[PDB]
Amino acid sequence: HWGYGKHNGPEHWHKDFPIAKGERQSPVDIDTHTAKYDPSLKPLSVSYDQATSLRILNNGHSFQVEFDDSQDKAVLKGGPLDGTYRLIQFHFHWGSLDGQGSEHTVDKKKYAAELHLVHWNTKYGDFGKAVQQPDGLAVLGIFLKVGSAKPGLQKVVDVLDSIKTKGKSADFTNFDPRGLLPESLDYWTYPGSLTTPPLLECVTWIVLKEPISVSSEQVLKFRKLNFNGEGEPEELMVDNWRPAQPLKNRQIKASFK
Ligand SMILES: CCOc1ccc2nc(S(N)(=O)=O)sc2c1
Ligand SMILES: [Zn+2]
């Protein structure tokens, strides 16, 4: 099975998922001086006022908060997108130390963690159909830096003990993902891929310029999760991030000057 360990980590993924060496892989380093400002880009439109969270799950390589996506409750529109994208889940990537953890980097700077809000294009009817299409997903990426606490993240931090090992889930209702957004919605965008297997090249990435702050205590609680299932040898869930991949024939666009 693939993972983030020495014997099954990202450098090995291509043997089972040859698209790992593809032309539009993620994540990438965002070179701020080379990104192109595009005044054609629209502001993002984040519509999360009716979101309905359902569950939180330790999937063995991250934890994810899942949402009801059977109706246009929580949607993303605008920016570089065409059409309406529904929120299905968010999850994080983080490090063993505060100096690493994010997937995207900015001028080679790593952040302590990265939040992915994953949305699928409703014109494809369901998420499994959307990931086979080059415009099927839109992922909102938010960097986390260590500093002050993020009050809106604490309900998540508080339930992690319940889902410590792989395959455990818990009811997680009435969570409002608006409390995870930064103040500004300025962004970079490029065409890319899922950053875990199957690494499909179906994602429009929208990476926010402004990080959110979280406290050292909040991130430390992430690092107490386990990659293993209950009853198995304890392996702490840390450094579940992929390297920056080559940009190849892609242009990163910025919504801001
Ligand atoms: C297709 C089975 O579900 C998947 C698989 C990988 C995957 N990676 C991301 S990420 N890290 O946001 O690029 S969301 C996601 C959903
Ligand atoms: Zn992710």
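Sequential numbering from 1 along the given sequence is applied to the chain's residues. So this one's X-ray crystallography, 1.5 Å, going by the header. Both backbone and side-chain heavy atoms feed into the values below; hydrogens, waters and symmetry mates do not. Order of appearance sets the numbers: ligands from 1, and atoms from 1 within every ligand.
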**Q.** ligand 1: drug
**A.** ethoxzolamide
Q) Per UniProt, what is the name of the chain that shares the largest number of close contacts with ethoxzolamide (ligand 1)? A) Carbonic anhydrase 2
Q: Give, by chain and number, all residues and nucleotides of other chains with a heavy atom within 4.0 Å of ethoxzolamide (ligand 1).
A: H91, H93, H116, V118, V139, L194, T195, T196, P197, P198, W205
(Q) Tell me the protein heavy atom at minimum distance from atom 15 (C) of ethoxzolamide (ligand 1), and give that distance in Å. (A) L194 CD2, 4.0 Å
Q) Quick one: does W205 get an N or O within less than 3.5 Å of an N or O on ethoxzolamide (ligand 1)? A) no
Q. Checking heavy atoms only, which UniProt-annotated substrate-binding residues of chain A fall inside 4.0 Å of ethoxzolamide (ligand 1)?
A. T195, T196
Q) Should you measure from each heavy atom of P197, which atoms of ethoxzolamide (ligand 1) turn up under 4.0 Å away? A) 5 (C), 6 (C)
Q: Specify the protein heavy atom at minimum distance from atom 1 (C) of ethoxzolamide (ligand 1): its residue, its atom name, and the distance to 0.1 Å.
A: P198 CD, 3.8 Å
Q | Other ligands or ions less than 4.0 Å from ethoxzolamide (ligand 1) | A | ligand 2 (zinc ion)
Q.
So, for ethoxzolamide (ligand 1), where in chain A are most contacts, UniProt-domain-wise?
A. Alpha-carbonic anhydrase
Q. Can you tell me the protein heavy atom closest to atom 12 (O) of ethoxzolamide (ligand 1) and the distance?
A. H91 CE1, 3.3 Å
Q.
I'm comparing ethoxzolamide (ligand 1) with the native Zn(2+) site: which UniProt-listed binding residues in chain A have a heavy atom within 4.0 Å of it?
A. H91, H93, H116
Q: State the atoms of ethoxzolamide (ligand 1), each with its element, that fall below the 4.0 Å cut-off from a heavy-atom position in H93.
A: 11 (N)
Q: Give the residue, atom name and distance (to 0.1 Å) of the protein heavy atom nearest atom 8 (N) of ethoxzolamide (ligand 1).
A: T196 OG1, 3.2 Å
**Q.** Protein heavy atom at shortest distance from atom 3 (O) of ethoxzolamide (ligand 1)
**A.** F127 CE2, 4.0 Å
Q | Heavy-atom distance from ethoxzolamide (ligand 1) to nearest UniProt active-site residue of chain A | A | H61, 6 Å
(Q) Suppose we measure from atom 11 (N) of ethoxzolamide (ligand 1) to each protein heavy atom; which comes out shortest, and what is that distance? (A) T195 OG1, 2.8 Å
